[PDB]
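The chains are labelled alphabetically, A first, in the order the sequence lines are listed. Residue numbering for chain A follows the PDB entry; the residues present correspond to positions 101-199, in that order. Residue numbering in chain B adheres to the PDB entry, whereby the residues present occupy positions 1-99 in order. Counting starts at 1 for both ligands and their atoms, in listed order. Computed over heavy atoms, backbone and side chain alike; hydrogens, waters and symmetry mates excluded.
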2 protein chains.
Amino acid sequence: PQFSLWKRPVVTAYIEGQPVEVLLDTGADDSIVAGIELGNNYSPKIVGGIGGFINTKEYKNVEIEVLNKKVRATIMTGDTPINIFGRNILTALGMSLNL
Amino acid sequence: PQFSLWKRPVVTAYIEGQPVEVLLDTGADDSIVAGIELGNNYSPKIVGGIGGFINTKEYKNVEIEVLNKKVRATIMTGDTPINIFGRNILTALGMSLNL
Ligand SMILES: CC(C)CN(C[C@@H](O)[C@H](Cc1ccccc1)NC(=O)O[C@H]1CO[C@H]2OCC[C@H]21)S(=O)(=O)c1ccc(N)cc1
Ligand SMILES: [Cl-]
Ligand SMILES: [Cl-]
Ligand SMILES: [Cl-]
Ligand SMILES: [Cl-]
Ligand SMILES: [Cl-]
Ligand SMILES: [Cl-]
Ligand SMILES: [Cl-]
Ligand SMILES: [Cl-]
Ligand code: NA
Ligand SMILES: [Zn+2]
Ligand SMILES: [Zn+2]
Ligand SMILES: [Zn+2]
Ligand SMILES: [Zn+2]
Ligand SMILES: [Zn+2]
Ligand SMILES: [Zn+2]
Ligand SMILES: [Zn+2]
Ligand SMILES: [Zn+2]
Ligand SMILES: [Zn+2]
């Protein structure tokens, strides 16, 4: 698939079966999702964005389905205004930025 | 050129001739840089992300040299923690995000 970036590169995904809208974000190291409930097996993490820092819940080895692929990856849940798949997932998917 | 996303995609750009390192960010609609003064002809705007919001100043038709290309583009200035070249610049350069 190819994203020409005239529109946001947004897609739908499942995270442990939970449907989400996510932004493919080359500017993010991590993948941050709001709203989904992945349970109590997490570790707290601190994530910094353009405005400051948030606490997140880090879940390892989470099943994610996106772009017709299935991978395992780390998801952090917390208060992001847009759900983002960062480079930890983009690399698992084999994505690249090209010119 | 290809950015494989194992590392942050950061390159050196020249904005009105001054060198800045910038992050090539598909998750950003627009571009925001710190530490460079672009003057009194702007439109104030607020942008939001993780951690909250920041005040910015939006400048039009700014000279940018990056990835051996020269373009004229919209740039915001503000107290951003990292310099971001968002989709308005990536599309001017003809960049794409591919799987
Ligand atoms: C959260 C996204 C919807 C929007 N952001 C772009 C995003 O790529 C930022 C860009 C970014 C990068 C570093 C620092 C601040 C912001 N990355 C980010 O917040 O990533 C966080 C998750 O992974 C971690 O790795 C980097 C910071 C953490 S943003 O910086 O808030 C932003 C919003 C609007 C514009 N026009 C430009 C930038
Ligand atoms: Cl597009
Ligand atoms: Cl489009
Ligand atoms: Cl499913
Ligand atoms: Cl990281
Ligand atoms: Cl941490
Ligand atoms: Cl960690
Ligand atoms: Cl972080
Ligand atoms: Cl391909
Ligand atoms: Na003016
Ligand atoms: Zn398009
Ligand atoms: Zn499934
Ligand atoms: Zn949407
Ligand atoms: Zn991180
Ligand atoms: Zn992080
Ligand atoms: Zn971790
Ligand atoms: Zn030059
Ligand atoms: Zn400051
Ligand atoms: Zn392919």
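Contacts with ligand 1 are greatest for the chain named in UniProt as Protease. Sitting at ligand 1 is the drug darunavir. Other chains near darunavir (heavy atoms under 4.0 Å), by letter: A, B. For darunavir, the other ligands and ions with an atom under 4.0 Å away are ligand 8 (chloride ion), ligand 15 (zinc ion).
The entry's source annotation for chain A reads Human immunodeficiency virus type 2 (ISOLATE ROD). Checking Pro81(B), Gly27(B), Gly86(B), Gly52(B) against atom 5 (N) of darunavir, the nearest heavy atom belongs to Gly27(B). The protein atom (non-hydrogen) at minimum distance from atom 35 (C) of darunavir is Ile32(B) CD1, 3.8 Å.
The nearest protein atom to atom 32 (C) of darunavir, hydrogens excluded, is given as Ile150(A) CD1, 4.0 Å; this is a heavy-atom distance.
Counting protein heavy atoms only, atom 6 (C) of darunavir is closest to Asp25(B) OD2, 3.2 Å. The contact region for darunavir on chain A lies mostly in UniProt domain Peptidase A2. Checking UniProt active-site residues of chain A against darunavir, the nearest one by heavy atoms (to 1 Å) is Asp125(A), 3 Å. When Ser131(A), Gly49(B), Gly148(A) are checked for heavy-atom proximity to atom 21 (C) of darunavir, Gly148(A) turns out nearest. Distance from atom 14 (C) of darunavir to its nearest protein heavy atom, with residue and atom name: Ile82(B) CG2, 3.6 Å. Shortest contact from atom 24 (C) of darunavir to any protein heavy atom: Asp130(A) OD2, 3.4 Å. For darunavir, the atoms lying closer than 4.0 Å to a non-hydrogen atom of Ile84(B) are 10 (C), 30 (O), 38 (C). Under a 4.0 Å non-hydrogen cut-off, the residues that form the binding site of darunavir are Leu123(A), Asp125(A), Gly127(A), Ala128(A), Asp129(A), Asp130(A), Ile132(A), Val147(A), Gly148(A), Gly149(A), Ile150(A), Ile182(A), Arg8(B), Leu23(B), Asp25(B), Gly27(B), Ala28(B), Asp30(B), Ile32(B), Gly48(B), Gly49(B), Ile50(B), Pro81(B), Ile82(B), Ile84(B).
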